[PDB]
Amino acid sequence: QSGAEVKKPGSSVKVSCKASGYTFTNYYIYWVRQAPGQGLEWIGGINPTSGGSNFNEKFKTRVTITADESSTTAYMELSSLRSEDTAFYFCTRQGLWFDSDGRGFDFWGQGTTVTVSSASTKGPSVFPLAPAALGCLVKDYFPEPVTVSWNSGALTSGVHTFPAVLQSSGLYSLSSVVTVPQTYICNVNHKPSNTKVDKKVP
Amino acid sequence: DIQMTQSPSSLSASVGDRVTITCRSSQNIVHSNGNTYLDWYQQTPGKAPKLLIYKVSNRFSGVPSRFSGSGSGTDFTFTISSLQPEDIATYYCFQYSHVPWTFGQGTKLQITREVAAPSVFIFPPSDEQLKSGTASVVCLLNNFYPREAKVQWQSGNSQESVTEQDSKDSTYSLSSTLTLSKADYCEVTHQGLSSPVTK
């Protein structure tokens, strides 16, 4: 499960990437980011055998990338955070000595959704949408994201979880629904506030 | 430092159509060892990118035969011979011949299909939510096409959200949320409805 942090404009964020002995020996490890709705952007990388790294010119003075051999963890620290650095940061790998293998993006789920904002963290309340279509309203949290599940991932077909929308209050809200013609539970969790709830929908 | 201009940045096509995407590199990306390090990636909503094509023309194992890439020098193509609903995604090229590596800016794919009328439901505010001093009443437009719809409840006090296209129907869903104070504590226009439906 991915991380999620909010950082105030001007500060720095440091993100880590857990990989394996075989990855640190055989692949180049590099950091990518993806702003909300936007494209993939290359930050920089390090050869963990060599210790030599390489950066995108755009991040030349405000990023460092490092790699810890003994714990095989790789790091990126971006300084002077601006609103437009709001992105999902994750690390990624290319073979040093074999072709692209489809395993390049295996650490994506470990990444961190970083929000640069002065607003503070707040857990959401989860309200039921009683019936057809039933669901959950997930209201009043910051930052993004929340994860929604039905019946702990048993239920899947017919589920629609809407993109969040920033409400007039500066807080997020969304709804998650499902159609059926059995008991139905909401699984909502918001890591930045350690909310992890489960609503029964009746 | 090489720039990869990818084109188009977005397009609309139907099931069955050929789709043709190009990435132009600002210089030759052929490496002195004779190979060309250009891959093509597929990012469904909302997941991790997966490899489809690598080194210009190699179809990655398990990838369906309707995907392919070719080109050479500075001029590269990614083709879906015949598009399917599950191909709705953003595609990207990736060059790693020489650092700094770079992605194309992406081609967001959008799929057109037949008009489907939205089946609509309305939901009053929660029991528990009224104790809070606020009422949210929510309207669901479900499984419809195209995305343009009109929902009137009121004005200046509701918000909408729309899902990405369904990887099977290519339909959308939409939410309209009326919020008022408790309390205190839905009519749709859509091309698929010969007549506006109120819930």
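Residue numbers begin at 1 in each chain, while the letters A, B, ... track the order of the sequences.
Drug identified at chains A and B: nimotuzumab. Name recorded for chain A in the entry: Heavy chain of the antibody Nimotuzumab.
The PDB entry gives chain B the name Light chain of the antibody Nimotuzumab.
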